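Here's Bromodomain adjacent to zinc finger domain protein 2B with paracetamol bound to it.
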Amino acid sequence: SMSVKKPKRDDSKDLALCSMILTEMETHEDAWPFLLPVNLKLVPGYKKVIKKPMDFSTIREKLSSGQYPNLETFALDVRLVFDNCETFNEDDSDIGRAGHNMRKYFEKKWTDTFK
Ligand SMILES: CC(=O)Nc1ccc(O)cc1
């Protein structure tokens, strides 16, 4: 509360660490469905169904231009990519399996890096 503070966690390296994690996700062999935005003009259903599209290139642009106020807002956009993928794709599809794999990959990096 007013004039009563928790000890300050060192967040000075957060931007650099999130960038390293994103680089590792960009270079994963299963990253190909998530590198660029889904083409809303060529994929039926996607625009109406998926209310907040997100992809790695869009996350990279936001990270590079100061659009994440903190760690957690970054993780929210990464998870959104995989939540969108589950909504639109069957678990037993190539893109469906890719999404499950990349989510597992991310969450281990997230825990190891910040927890
Ligand atoms: C991330 C994603 O769902 N991509 C995607 C899914 C189906 C399709 O026909 C074209 C692209």
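The residues of chain A that appear here are 1856-1970 by the PDB entry count, in order. All ligand and atom numbering here is 1-based and tracks the order in the structure. Technique stated in the header: X-ray crystallography, 1.8 Å. What's counted below: heavy atoms across the whole structure, side chains too, no hydrogens, waters or symmetry copies.
Here the protein heavy atom with the shortest distance to atom 3 (O) of paracetamol (ligand 1) is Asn1944 ND2, 3.0 Å. Annotation: atom 10 (C) of paracetamol (ligand 1) to nearest protein heavy atom, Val1898 CG2, 3.9 Å. For paracetamol (ligand 1), the atoms closer than 4.0 angstrom to any heavy atom of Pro1888 are 1 (C). Considering only non-hydrogen protein atoms, atom 2 (C) of paracetamol (ligand 1) sits nearest to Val1893 CG2, 3.8 Å. Using a non-hydrogen distance threshold of 4.0 Å, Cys1940 does not register as a contact of paracetamol (ligand 1). Of all protein heavy atoms, the one closest to atom 5 (C) of paracetamol (ligand 1) is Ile1950 CD1, 3.7 Å.
Residue counts put most contacts of chain A with paracetamol (ligand 1) in the UniProt domain Bromo. Covalent bond for paracetamol (ligand 1) in this entry: none. The residues lying within 4.0 Å of paracetamol (ligand 1), counted on heavy atoms, are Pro1888, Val1893, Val1898, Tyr1901, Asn1944, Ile1950.
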For a distance cut-off of 3.5 Å, show me each N or O of paracetamol (ligand 1) paired with any protein N or O, plus the separation.
from                   : atom 1 : to      : atom 2 : distance (Å)
paracetamol (ligand 1) : 3 (O)  : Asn1944 : ND2    : 3.0

